[PDB]
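First comes the structure, then the notes that go with it.
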Amino acid sequence: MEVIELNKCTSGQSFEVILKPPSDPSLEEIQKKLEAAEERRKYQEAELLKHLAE
Amino acid sequence: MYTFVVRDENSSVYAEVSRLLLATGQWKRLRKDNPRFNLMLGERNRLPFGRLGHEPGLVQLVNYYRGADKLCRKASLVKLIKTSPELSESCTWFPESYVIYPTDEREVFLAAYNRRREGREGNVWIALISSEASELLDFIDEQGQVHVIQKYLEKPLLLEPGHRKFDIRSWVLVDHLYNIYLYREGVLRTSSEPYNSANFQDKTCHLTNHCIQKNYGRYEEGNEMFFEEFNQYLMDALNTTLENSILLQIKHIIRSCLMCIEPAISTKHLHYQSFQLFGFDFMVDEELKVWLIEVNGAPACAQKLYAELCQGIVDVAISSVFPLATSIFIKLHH
Amino acid sequence: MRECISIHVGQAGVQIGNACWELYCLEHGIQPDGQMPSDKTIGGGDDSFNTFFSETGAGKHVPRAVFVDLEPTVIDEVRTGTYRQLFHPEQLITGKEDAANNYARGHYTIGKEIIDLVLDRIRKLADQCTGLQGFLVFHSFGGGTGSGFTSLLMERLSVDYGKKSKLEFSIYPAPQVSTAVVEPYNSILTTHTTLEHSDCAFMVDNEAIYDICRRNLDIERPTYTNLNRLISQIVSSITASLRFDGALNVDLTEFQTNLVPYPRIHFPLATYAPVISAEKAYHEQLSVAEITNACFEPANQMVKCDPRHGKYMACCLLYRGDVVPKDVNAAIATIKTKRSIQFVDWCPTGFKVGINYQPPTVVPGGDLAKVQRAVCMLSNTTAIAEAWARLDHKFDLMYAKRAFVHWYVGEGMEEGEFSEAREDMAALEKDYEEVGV
Amino acid sequence: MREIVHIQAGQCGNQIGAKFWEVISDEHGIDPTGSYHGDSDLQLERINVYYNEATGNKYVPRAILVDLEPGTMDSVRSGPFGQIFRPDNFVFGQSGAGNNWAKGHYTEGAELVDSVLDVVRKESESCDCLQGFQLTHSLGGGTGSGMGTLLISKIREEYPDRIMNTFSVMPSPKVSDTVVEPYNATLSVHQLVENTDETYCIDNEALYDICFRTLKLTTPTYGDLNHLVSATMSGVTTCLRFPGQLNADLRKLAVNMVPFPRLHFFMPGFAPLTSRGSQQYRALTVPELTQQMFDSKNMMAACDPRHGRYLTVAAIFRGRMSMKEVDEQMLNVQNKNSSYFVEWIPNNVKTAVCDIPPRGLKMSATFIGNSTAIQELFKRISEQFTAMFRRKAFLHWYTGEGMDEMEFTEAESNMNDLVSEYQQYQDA
Ligand SMILES: Nc1nc2c(ncn2[C@@H]2O[C@H](COP(=O)(O)OP(=O)(O)OP(=O)(O)O)[C@@H](O)[C@H]2O)c(=O)[nH]1
Ligand SMILES: COc1cc2c(c(OC)c1OC)-c1ccc(OC)c(=O)cc1[C@@H](NC(C)=O)CC2
Ligand SMILES: Nc1nc2c(ncn2[C@@H]2O[C@H](COP(=O)(O)OP(=O)(O)O)[C@@H](O)[C@H]2O)c(=O)[nH]1
Ligand SMILES: [Ca+2]
Ligand SMILES: [Mg+2]
Ligand SMILES: [Mg+2]
């Protein structure tokens, strides 16, 4: 019902209509998690090349 | 070939519906968790409405209206009738009712009870049935779960020979297009032991539930009076038909209840579609006035009428959406 | 005047970026070569459009935009396309091989090798900013780059640009519009890692956009060109307040204020009307009452769900065209009576309205017709959790048998991260549950 | 990722391999000399994938031709498209493998394997970004079976992060060279289980039956059987060779088709099925294409897909047709037969349309199925193996090249493990 906060200009206008009232990881931690994933990829490739050496 | 799923095994009505669907040869059943269905015969608790209508190249339909629990819970029905202007506090076909929480409208309940206490008129209320306000309130808190206190109908209609009590069950099908279909056949779930105006402690004559009764089966088989006999009784005893005296009010209440919740539950423009069968429960007093007791989301049919209703469900709710290779319902126009 | 940097990650992000920046140029009068004859201050200025465009001494208006893909194909079409002179080469970053629909490959393997280069080229755009407010991130939930690399970027932007706001435009996966089987995995994984790092996120279900294209434009099999030009129109509505003179949503912090009370629940539903076919000769032009009413139809929503079964936390109506406040309020009053709009008890029942007199600009030869008035509604409804539930169910189905998991594990990611991500989603669905009933 | 390096090992490998290059050279508008003479620009937009741009702007297939016998490779060189292959890429020994896996993998093959890998390395260095490798070979002989699986192993060592893709012809008594084919197959399957990402199981039994029952040819040759293979090979690689909606490579195909690393053996299919020269004139409707490609009479592996369940499906429709009708038909087969597709992988059937049709057909469909029914193929080979092995029959051919009985038992074991692993997913 109530039309508050009305602001006008050439481009357009804006307003608010109330109808009823109411009742982080670090840089060090990112480098750590990514490199732990590189180690698991390294280990799995090392296990593969060991198996292929067998 | 259309495909369906069954997710309510305990549903006696829809077990017969699936049985009839398979028998045509144009419907195949899939496993509970197969998402590639045309029809869902869903579960009572926590139905996954959010998963419907998202499977490409399939028209999807379910046997439940999402939101229709607002009509089918005792607490919800009172809240809906009191707030919705279509019904209004002044509703005349619904008994005076109040919502009480155990540890809310407790002050509103006792304000009306005092007017009844000062005037000294009929002051009996149902929740166990008692005449004392403070004796019932102590028993609600004793239970645990939230229940409703309602004005008890102290002047019911008598059935002769017997001086008995009864409630009327009517089966209502709302289709995918929001057509309201009342099944022409209803049932009178009767009391066998005569009504006692003084002793409220006895519950077998006051409560007309099919479980409590099972003098069971004295006057008619399984405490069930069908529409032809009850019409015949009203003609002989009270000089009136069931159509005029009772059924017009029944047709009014069903229509008024479902028109109220149409904008909230309707699946007219949705990605999925819904139909639902309802059980409306009515009480007729001595002046032939009809009162709404409860609405049933998952209703059970009577033994004589299973075959006809379930076939009718397939006709206007299922085959209307999924066609194959006299009408038993009265349409309530709006 | 505060500046906004747009980041486009993966195929979906880049291709939507093309569509938006095309539309932005047509709206601001900017040509394909970057010249803007209406701009009088040559070589600089602190106008409203300078939030999205920087200026050179030559008179060229250049998007504050960085395009990143792990594979060259799609950005190569930007490099050689009709807007080749608009962006300078340093803004268009490509790798050699893509993330193969694998979150873990995009996040951990190829991600690590390109993260520093991207942030360096981002830093080059931030250096030209007199006062940076933050970032708009365009990506898909489905793609390996779009899910994997994006979540890593969002993590790093929280470190390097700690104060700044971040907004998402995310593409939700749909089987109807060329998806892969593993996209439910990629979605859950990226949402979890990004949840902390995004202030406001606008989900766009590919299913919803596909059907709007079918129903309203009469296009039988919609191409990406069709879908993106539609998506861009919606995106343009959302960002219009940052590019034009106004008092509503003037900066990125105001998007949180007006739409996001609960920080985790930061997924507003976008609803848009009217979508009208260009191939429709004779069209009955729709009124303010009719287009505001279309905001509460599920057939017009960017995500197919039912707002009637749920609660509102916020609501914004953004009008473009011939609209006056009187007609808005009159429409709201009628809609309030006939429809189920339920707000949460701890929030005011209300609408923040923004009107821009300039009607929506249509792409010449596009599928959308010119309209006299159009609206975009941004509503934070608990109903959008339906899309989480659908996706979580698909995740649960595959993960029960550990299907495809080995592809993720084979890129250095732990099996534990799957269930860790899924638990967060079970937390998220519950947050919506407590607020919603 | 764009460039694929092709290898063809042995008699079968080179024969189906030569036919593949013949078929796809036609599709890209390349003559036997290597010069482009086509009309559409789309024929050249993704020609990088299989061809190296040569001097004078001529195109040379990225193919390496391998055999322990000069015979079959001499036929290729003096064949219809023989002049197109880089002469340095012809790598041959002299003694042959005598239908012996052990000769291919351990003795004769070991001598020649390094010579091959030098050419593989030289083609790899020319690659802008190497996508992966494809091998055409049989599993029943010696060279393709023994040396092929040796080559795969050695390539996996040098290029451990690259896709290995194989077209592997399965042996059958219906089309048989020697009694030792089940021995050679069982030894090779062990290797393919561990060292390939995608294997297209081309069963000779199935190819015979298609020629006999469907194509109505009374006595089919190897030429008849290979026509079906080259058509299927062209079909499966359509999205790699031609521009479309699909921005996809071999790795993406491996990710989505293989839910579990060992179960990567696919049932290929084709519609419509046709014989050489004489082909049907009546146009196939989209409903007929879909109905045929899913039918077991069109499958290149002799398995009944009704005995198992589909883990993942991929389909490539070729030609100018209604993509809406394609979608409607594809979803019709799924929604009618949903008891044969796994419920635990959502949306596991994927379709791609390419506008360019193959030579002699207005529209065609190619099928790739990761079905649990493929166990029946391995069970067949396993039964034939045990029939001879329980009596240690014909084993002296292998023990004479230094092989032990242990290796046979281990190979039989890994195959019975594979079969029971397929059985694991057919019920719950
Ligand atoms: N709306 C829209 N969706 C797209 C577009 N391109 C791709 N998608 C969707 O995004 C998902 C796949 O993500 P892509 O962006 O293609 O993949 P990517 O981010 O490049 O990652 P990789 O290719 O795996 O390295 C699918 O669900 C597609 O439906 C587009 O232009 N518009
Ligand atoms: C380059 O060749 C192909 C590569 C791929 C796919 C495919 O089947 C149409 C191919 O043709 C054989 C494809 C594969 C199967 C999948 O379904 C399980 C999937 O999710 C996903 C797809 C592809 N993606 C789409 C949207 O189709 C990605 C990988
Ligand atoms: N489909 C097909 N199968 C073949 C062809 N040539 C040989 N085979 C099969 O391959 C097996 C013999 O292997 P072969 O390739 O001759 O041995 P290699 O020369 O040592 O590799 C037998 O099962 C044959 O049926 C062919 O041209 N087409
Ligand atoms: Ca300026
Ligand atoms: Mg990509
Ligand atoms: Mg031979």
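The first sequence line is chain A, the next is chain B, and the lettering continues from there. We're sticking with the PDB entry numbering for chain A, so the shown stretch reads 6-28, 44-74, in order. In order, the residues displayed for chain B correspond to 1-103, 126-149, 161-247, 252-362, 372-380 in the PDB entry numbering, which applies throughout. In chain C, numbers come from the PDB entry; the residues present are 1-437, in order. Residues 1-428, in that order, are what chain D shows, numbered as in the PDB entry. As the structure lists them, so they are numbered: ligands from 1, and atoms in each ligand from 1. Be aware that this covers only part of the deposited structure, with contacts counted strictly within it. Keep in mind that the numbers below use all heavy atoms, side chains included, and drop hydrogens, waters and symmetry copies. So how was this one determined? The header says X-ray crystallography, 2.9 Å.
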Can you identify which of cinnarizine, donepezil, colchicine, flavopiridol, soticlestat is positioned at ligand 2? colchicine
Please name the chain that forms the largest contact set with colchicine, as given in the PDB entry. Tubulin beta chain
I'd like to know the other chains touching colchicine at heavy-atom distances under 4.0 Å, if you can. C, D
Within 4.0 Å (heavy atoms only), which residues surround colchicine? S178(C), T179(C), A180(C), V181(C), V236(D), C239(D), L240(D), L246(D), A248(D), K252(D), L253(D), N256(D), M257(D), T312(D), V313(D), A314(D), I316(D), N348(D), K350(D), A352(D), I368(D)
Provide the organism that the deposit lists for chain D. Sus scrofa
Write down the PDB name of chain C. Tubulin alpha-1B chain
Nearby ligands and ions, under 4.0 Å from colchicine: none
